[PDB]
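Entry below: contains marimastat.
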Amino acid sequence: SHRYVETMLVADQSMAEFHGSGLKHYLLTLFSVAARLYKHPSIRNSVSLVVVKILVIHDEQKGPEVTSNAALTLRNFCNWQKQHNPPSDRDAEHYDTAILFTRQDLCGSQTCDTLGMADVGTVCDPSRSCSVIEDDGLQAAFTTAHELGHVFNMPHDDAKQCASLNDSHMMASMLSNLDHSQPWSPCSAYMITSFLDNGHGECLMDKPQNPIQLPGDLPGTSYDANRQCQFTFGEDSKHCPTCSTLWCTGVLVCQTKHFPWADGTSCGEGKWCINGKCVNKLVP
Ligand SMILES: CNC(=O)[C@@H](NC(=O)[C@H](CC(C)C)[C@H](O)C(=O)NO)C(C)(C)C
Ligand SMILES: [Mg+2]
Ligand SMILES: [Mg+2]
Ligand code: NA
Ligand code: NA
Ligand code: NA
Ligand code: NI
Ligand code: NI
Ligand code: NI
Ligand code: NI
Ligand code: NI
Ligand code: NI
Ligand code: NI
Ligand SMILES: [Zn+2]
């Protein structure tokens, strides 16, 4: 039995200004990647992330107050989105979850290293099914997937409860090398399973009506190395030096956040990046 996560994607003025006309494709590209992660067999469930609504905030007053404070930005957001949801799931534009993208550097109660935030186990509560995501380039697709984990009640993989069952998975509290063959830990698989078995995802049973089409291409087909560097380091950045770490310009100064090149990214004629390796596009 199939879960469809009817989603609204929302992007603030910083996003509108940075991305201009390409913003909606960018959001859908981010979400296509997350949607793929949620189809991986390791999650032990059938889960379909679909978009039913996008809102861009060209006008700051028509959005929530976005600030550097992650949990307030999230509280501002989760309240504001309520007004934008029809009350029956019968309405084609009714969403089970809302996600805010900002270029604003989000900060926790210690550092601004924070890349996103969500509340835990909220997926079918319209007043709390929310997450906020820092757009630091195409890595935001993983941030999205991670925060939607929490919304599905998965805790961090280093939490006491995950000891029996289990930093190489989606719900690692810090980024490391993701185990591309099994992105979801045994703890994540069990915790989302329990949540749904306990009947907490009843709003995820109904199919989307006229959902917004997700890009079927890999993200590096849309966005070359220079473009990815621009997403992370601003429009004046471009690619420096392959596939494992993207270095970007900033004398020749280059810099990195230690992220991989997006899957699909060209690394020479007839080759492109997959799981941080430059492989042939035609597979033998
Ligand atoms: C390179 N930086 C990181 O890994 C940061 N981690 C995060 O930002 C987490 C999200 C990642 C997508 C794992 C976030 O704190 C979270 O748990 N959201 O629910 C650090 C640990 C430096 C704060
Ligand atoms: Mg509305
Ligand atoms: Mg030089
Ligand atoms: Na941040
Ligand atoms: Na930061
Ligand atoms: Na987990
Ligand atoms: Ni303000
Ligand atoms: Ni493991
Ligand atoms: Ni410009
Ligand atoms: Ni310029
Ligand atoms: Ni290059
Ligand atoms: Ni560094
Ligand atoms: Ni990797
Ligand atoms: Zn987390």
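Throughout, numbering of the chain's residues begins at 1 and tracks the sequence. Indexing begins at 1, ligand by ligand and atom by atom, following the structure's order. The way this entry was determined, per its header, is X-ray crystallography, 2.1 Å. Note that these values count all heavy atoms, side chains included, but never hydrogens, waters or copies made by symmetry.
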Which components of the model should be assigned to marimastat? ligand 1
State which chain has the largest number of heavy-atom pairs within 4.5 Å of marimastat, named as in the PDB entry. adamts-1
I need the residues around marimastat for my notes - heavy atoms within 4.0 Å, please. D113, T114, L115, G116, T143, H146, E147, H150, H156, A172, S173, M174, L175
Please write down residue, atom name and distance for the protein heavy atom closest to atom 2 (N) of marimastat. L175 CD1, 3.4 Å
Protein contact of atom 23 (C) of marimastat - nearest heavy atom, named by residue and atom, plus distance: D113 CB, 4.0 Å
I'd like to check which marimastat atoms, numbered from 1 as shown, lie under 4.0 Å from a non-hydrogen atom of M174. 4 (O), 21 (C)
Find the residues of chain A UniProt lists as binding Zn(2+) whose heavy atoms come closer than 4.0 Å to marimastat. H146, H150, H156
Among all protein heavy atoms in this structure, tell me which lies nearest to atom 13 (C) of marimastat, with the distance rounded to 0.1 Å. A172 O, 3.4 Å
Nearest protein heavy-atom contact for atom 15 (O) of marimastat: which residue, which atom, what distance? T114 CG2, 4.2 Å
Residue, atom name and distance, where the atom is the protein heavy atom closest to atom 17 (O) of marimastat: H156 NE2, 3.1 Å
Which protein non-hydrogen atom lies closest to atom 21 (C) of marimastat, naming both residue and atom, and how far is it? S173 O, 3.5 Å
Starting from atom 18 (N) of marimastat, which protein heavy atom do you reach first, and at what distance in Å? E147 OE2, 2.8 Å
Considering only heavy atoms of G116, which atoms of marimastat have at least one such atom less than 4.0 Å away? 14 (C), 16 (C), 18 (N), 19 (O)
Note down any other ligand or ion with an atom under 4.0 Å from marimastat. ligand 14 (zinc ion)
Any idea which atoms of marimastat are less than 4.0 Å away from a heavy-atom of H150? 19 (O)
Protein residue, atom and distance nearest to atom 8 (O) of marimastat, heavy-atom basis: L115 N, 2.9 Å
